[PDB]
Structures are given as structure tokens and as C-alpha cells.
J.: 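Can you read through this structure? Questions will come right after.
By convention here, the first residue in the shown sequence is residue 1. How was it done? The header gives X-ray crystallography, 2.6 Å. Start at 1 and go down the list; that is how both ligands and their atoms are numbered.
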Amino acid sequence: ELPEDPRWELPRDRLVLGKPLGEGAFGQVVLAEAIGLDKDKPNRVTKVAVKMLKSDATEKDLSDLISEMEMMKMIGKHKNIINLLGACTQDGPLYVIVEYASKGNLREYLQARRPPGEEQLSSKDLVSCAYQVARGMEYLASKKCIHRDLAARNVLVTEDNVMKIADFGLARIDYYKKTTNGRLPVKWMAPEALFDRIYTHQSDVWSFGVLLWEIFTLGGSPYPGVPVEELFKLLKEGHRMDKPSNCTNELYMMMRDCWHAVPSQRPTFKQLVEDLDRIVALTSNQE
Ligand SMILES: COc1cc(CCc2cc(NC(=O)c3ccc(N4C[C@@H](C)N[C@@H](C)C4)cc3)[nH]n2)cc(OC)c1
């Protein structure tokens, strides 16, 4: 049995469950329609994403779902994060109701827009995407949240092309474990986070640098064919990824600054938001 929180509770007859969303990257998530989430009006439907537990769910799987919801309540609202919209906690399974992003993850969204062998993104659209992700991250940081897994796969894209950071309310690692696409999350990890288990806003700044690299290569894979052990060796040697093609030196120096050996010397998300805001303004939409 769960305690009823009336700030968030939505009656069960007000949620129409639909087809599963994606390849279960964020757990068991379905598309749904919520009848009257707002008082004006109780007659409007909103497409929402609903997270619930699987059939083979443990008492720990339920505890994590609750913590994530409670965490989302505490963080508050921001344009550039997946927002909590409601929950079904009484007389049945737990349903955590969050914002729906119809264009999928930033890696997919970017990949579908790569020039041929939907539509192409200009040089400004790419800088705008980065600006939005740094904006989202800055909010979470201001609310004391450390993501730990910032990647393009954890950035969802809405129908209106808004960048929304996902999987920010979770708190946990197997270095050899792969993602859905067959990629290794250790590749986005700061060395101090990787070797010393030291997680900070600074280790998230490292990850943002890899995320910018993902935007500028239009969904490129970091370190292809590089196993865990060889990656360790690259980081220890001070190796850094090469400058993507059709990337300015100003933006490559931002990735580099993000990947500073010394965590204190990296820019903050507050600083990144300022720099990217200025760069968006000066970036051409003509190419
Ligand atoms: C903390 O934050 C989170 C995030 C979530 C996820 C919520 C969510 C998921 C989605 N959306 C998709 O999962 C999705 C949708 C479309 C996709 N694509 C597939 C692709 C092939 N074609 C594209 C044209 C569309 C690919 C993926 N919205 N909200 C749940 C959560 O619970 C508490 C907390």
C-alpha cells in the first residue's frame, strides 16, 4: 500500500494506456492519454509517457520507481528536463506519469537527420541543441542533482524539438556492460568518476563534452571498436577525441575544456550556458 499525495494523484479512469515506448531504455514505459491533467479543462487529452514496474519486479524495483518519482517532485519544473505530470498510486499498480518526447532520443533524432548516401539540421540547430542540454543540466545542478549518465541517449526530443534530459532522478556499476545500441557507458565517464568513483557536477561536465561530440558528429559513436581495457589506457595516457568534421575550433575547444584533466579547471554548466547562448547568436542558419 502507498500513501496518497494529492498534489500529483490522477484518477485511474483518466489514463488510457497505449503502445510501449522505445526499446525499454527507461524501464517499462508506455505511451498514454491523460484525460484532464489540468483543471482548465478536465475535457482535454494530453499524450503522456507512463512508467510502471515489469511482471518480474522486485521489492527493490518498486522502491527505485518511488524514489525516482519523489526525486522528480523535489527537483521541480524546467523546459529542458523530462517533467513529472502525475501518478496513479492508489488501488492498483504504480503509474508514474511524465512528459512525452515523440522524436525519441537525441542519438536517434540526430542520426535520422544525417545527409543522404527527417530533414537536415543547420549549424545553428546543432548549437541550439547543445545550449538546451546545458540549460537543462544547469537547472539540475542548481537543484543539487548529479546525473552520472549524461549522454545523447538520455536526452529526449519532443514534437517541437525541445531537448529534455531523462534518467536524472535515479541513484545507483559493471564497466563491461553494453547499452541497447551496443555502446559502453564508461565512454562518457570522467576519469576520476571511472577510477576513483568521484561523481560531481564536474564529472557531468566531462560527459557533456562527450555529448557535444555526439551532437557535432550527428550521433557518432565515441571510440568505436575500443574495449574497456584499451579505453582505460587512453584516459591514463591523456588521449582526447579528434575534432569532428564541420565543427568550429571554438566548439572543439569547449569539448577539450570539458575534458580537462583537472576537475576544478573545467567550465561550469552556468558558464557553458553563457558561451553557447553567445555562439548560437553568432552561428549561421544558412548551412
Ligand atoms: C527522469 O526522466 C524519466 C524519463 C522517462 C522516459 C519518458 C519518456 C520516453 C519517451 N519517449 C520514448 O521513449 C521514445 C519515443 C519515440 C522514439 N522514436 C523511435 C524512433 C525509431 N523513431 C522516432 C520517430 C521516435 C523513441 C523513444 N517520452 N517520455 C520516464 C521516467 O519515468 C519516471 C523518468
J.: Out of interest, what does the PDB call the drug at ligand 1?
T.: AZD4547
J.: Among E108, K164, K51, whose heavy atom sits nearest atom 19 (C) of AZD4547 (ligand 1)?
T.: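 Answer by nearest heavy atom: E108.
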J.: What part of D167 sits under 4.0 Å from AZD4547 (ligand 1) if we count only heavy atoms: the side chain, the backbone, both or neither?
T.: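 The part of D167 near AZD4547 (ligand 1) is the backbone, not the side chain.
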J.: Under 4.0 Å from AZD4547 (ligand 1), counting heavy atoms only, is it the side chain of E68, its backbone, both or neither?
T.: side chain
J.: Taking atom 15 (C) of AZD4547 (ligand 1) as the point of reference, which of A101, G22, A112 owns the nearest heavy atom?
T.: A101
J.: Please could you name the atoms of AZD4547 (ligand 1) that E99 approaches to less than 4.0 Å, counting only its heavy atoms?
T.: 8 (C), 28 (N), 29 (N)
J.: For AZD4547 (ligand 1), which atoms, with element, lie under 4.0 Å from some heavy atom of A49?
T.: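 Going through AZD4547 (ligand 1) atom by atom, the ones under 4.0 Å from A49 are 7 (C), 8 (C), 28 (N), 29 (N).
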J.: Of the choices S102, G104, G24, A87, which has the non-hydrogen atom that lies closest to atom 24 (C) of AZD4547 (ligand 1)?
T.: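 The nearest heavy atom belongs to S102.
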J.: Which AZD4547 (ligand 1) atoms does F168 reach within 4.0 Å, using its non-hydrogen atoms?
T.: 1 (C)
J.: In AZD4547 (ligand 1), which numbered atoms sit nearer than 4.0 Å to a non-hydrogen atom of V98?
T.: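 Those atoms are 7 (C), 30 (C), 32 (O), 33 (C).
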J.: Hey, which atoms in AZD4547 (ligand 1) end up nearer than 4.0 Å to a heavy atom of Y100?
T.: 28 (N), 29 (N)
J.: Name every other-chain residue that has a non-hydrogen atom under 4.0 Å from AZD4547 (ligand 1).
T.: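 Using heavy atoms under 4.0 Å, it comprises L21, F26, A49, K51, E68, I82, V96, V98, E99, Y100, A101, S102, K103, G104, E108, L156, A166, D167, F168.
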